[PDB]
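Just below is one structure, and these are the notes that go with it.
A, B, ... follow the sequence lines: proteins, then strands. Residue 1 opens every chain. Values below: every heavy atom of this structure, side chains too, minus hydrogens, waters and symmetry copies. Note that ligands are numbered from 1 as they come in the structure, with each ligand's atoms numbered from 1 the same way.
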Amino acid sequence: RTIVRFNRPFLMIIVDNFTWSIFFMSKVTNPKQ
Amino acid sequence: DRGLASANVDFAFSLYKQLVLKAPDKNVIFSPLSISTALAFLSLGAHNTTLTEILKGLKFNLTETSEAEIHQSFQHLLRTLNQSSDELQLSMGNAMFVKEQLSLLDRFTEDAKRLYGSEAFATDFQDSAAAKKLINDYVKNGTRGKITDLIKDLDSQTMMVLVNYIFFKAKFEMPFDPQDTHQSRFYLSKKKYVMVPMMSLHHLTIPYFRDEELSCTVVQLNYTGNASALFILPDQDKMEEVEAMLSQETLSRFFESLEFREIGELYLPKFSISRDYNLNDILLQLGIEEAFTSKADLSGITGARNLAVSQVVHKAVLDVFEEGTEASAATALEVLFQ
Ligand SMILES: COc1cccc2c1C(=O)c1c(O)c3c(c(O)c1C2=O)C[C@@](O)(C(=O)CO)C[C@@H]3O[C@H]1C[C@H](N)[C@H](O)[C@H](C)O1
């Protein structure tokens, strides 16, 4: 019954699970093209 | 090396905060690893204050690891990361583009190849158009076409350019079904909203954490192949407040606090964003100063203090879609004579 709705600004961090490297970090404040 | 992991994350959050200062309401996308690696590559040639300012700016403690161990750590990390499967694609490369007649120390070119995988390409920078094509082509090849114009302007007196690129392409463990993608509101602010393509998944168990004290929700979406995406969703009007709490310590708390929880619905925009940056102001603010002035000591490159950094540029792209994610970035350090 829990809902998670990315309909407002959010962060996204892309990581390597073994080395804990942050490949990319992103803030999405406006996804529209 | 746990030291390298920690320094790289501390640097990532420090960089992030300064990128946001530039334009605190703009999309941000960058690869901290690409920038860390490029600057560690530069430091292979640096001595004295120029060297300690770079390594300190990168958030290493020289008291706990030597220069030699920092470079060995990057070598090890570069070898561990470069990966390819029908599951996941991950490429990182380093190169130097150097004026043909410039005499480089053998120790530098040996080290650069052995530790950072870097070739040396002879480049006629006085033919600016040809030199930009050579560098941009290298990056386009390395990023499988995703970044093609890293270098826009290039001083015809340039002596060398150090380049790093990263390429990433992965499939979600639990991919979204395109039939469940529908245009939905995205709230740029409480009062401003646009319609975007919104992907959805129903009834999924994923790692989850509600941070009441920071007013944010955290979820992890795995990729096939041992990468993953951590998503942080501030409550409305709380993004600035969450950004003020970011740090290696908070990220650790996030990961450790994650628990598997059944989720009824997850909605996530399908999107593609790009940013490019000049990093000179940020590096200067982060304490990397002497490399930009006539006090620069890059004498590990040539055998004299005859080079200084002129321009640091970064470009990065992020594509998120039902099947997975593609992301690429590159960093170039442009060097003039002195
Ligand atoms: C200073 O901490 C970090 C700093 C930067 C990056 C990182 C981390 C970090 O701590 C971290 C992790 O702890 C974990 C992972 C990780 O990528 C990072 C970083 O990247 C990957 C992981 O979630 C998976 O393998 C999922 O597939 C395992 C692990 O999570 C831990 C805690 C979870 N609650 C659960 O117990 C999981 C199995 O182990």
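- The name given to the drug at ligand 1 is doxorubicin.
- Per the PDB entry, the macromolecule making the most contacts with doxorubicin here is Alpha-1-antichymotrypsin.
- By chain letter, the other chains having a heavy atom closer than 4.0 Å to doxorubicin are A, B.
- For atom 1 (C) of doxorubicin, the closest non-hydrogen atom on the protein side is B/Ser252 CB, 3.5 Å.
- In terms of protein heavy-atom proximity, atom 33 (C) of doxorubicin is closest to B/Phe255 O, 3.3 Å.
- The closest protein non-hydrogen atom to atom 4 (C) of doxorubicin is B/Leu251 CD2, 3.9 Å.
- Within doxorubicin, the atoms closer than 4.0 Å to a non-hydrogen atom of A/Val15 are 17 (O), 20 (O), numbered from 1 in the order shown.
- Protein heavy atom closest to atom 23 (O) of doxorubicin, with residue, atom name and distance, is B/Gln220 NE2, 3.1 Å.
- The protein non-hydrogen atom at the shortest distance from atom 15 (C) of doxorubicin is A/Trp20 NE1, 3.7 Å.
- The single protein non-hydrogen atom nearest to atom 21 (C) of doxorubicin is A/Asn17 OD1, 3.6 Å, given as residue, atom name and distance.
- According to the entry, the name of chain B reads Alpha-1-antichymotrypsin.
- The protein non-hydrogen atom at the shortest distance from atom 36 (O) of doxorubicin is B/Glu256 OE1, 4.9 Å.
- In this structure, the binding site of doxorubicin at 4.0 Å (heavy atoms) is formed by A/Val15, A/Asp16, A/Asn17, A/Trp20, B/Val9, B/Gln220, B/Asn222, B/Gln248, B/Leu251, B/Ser252, B/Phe255, B/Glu256, B/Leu258.
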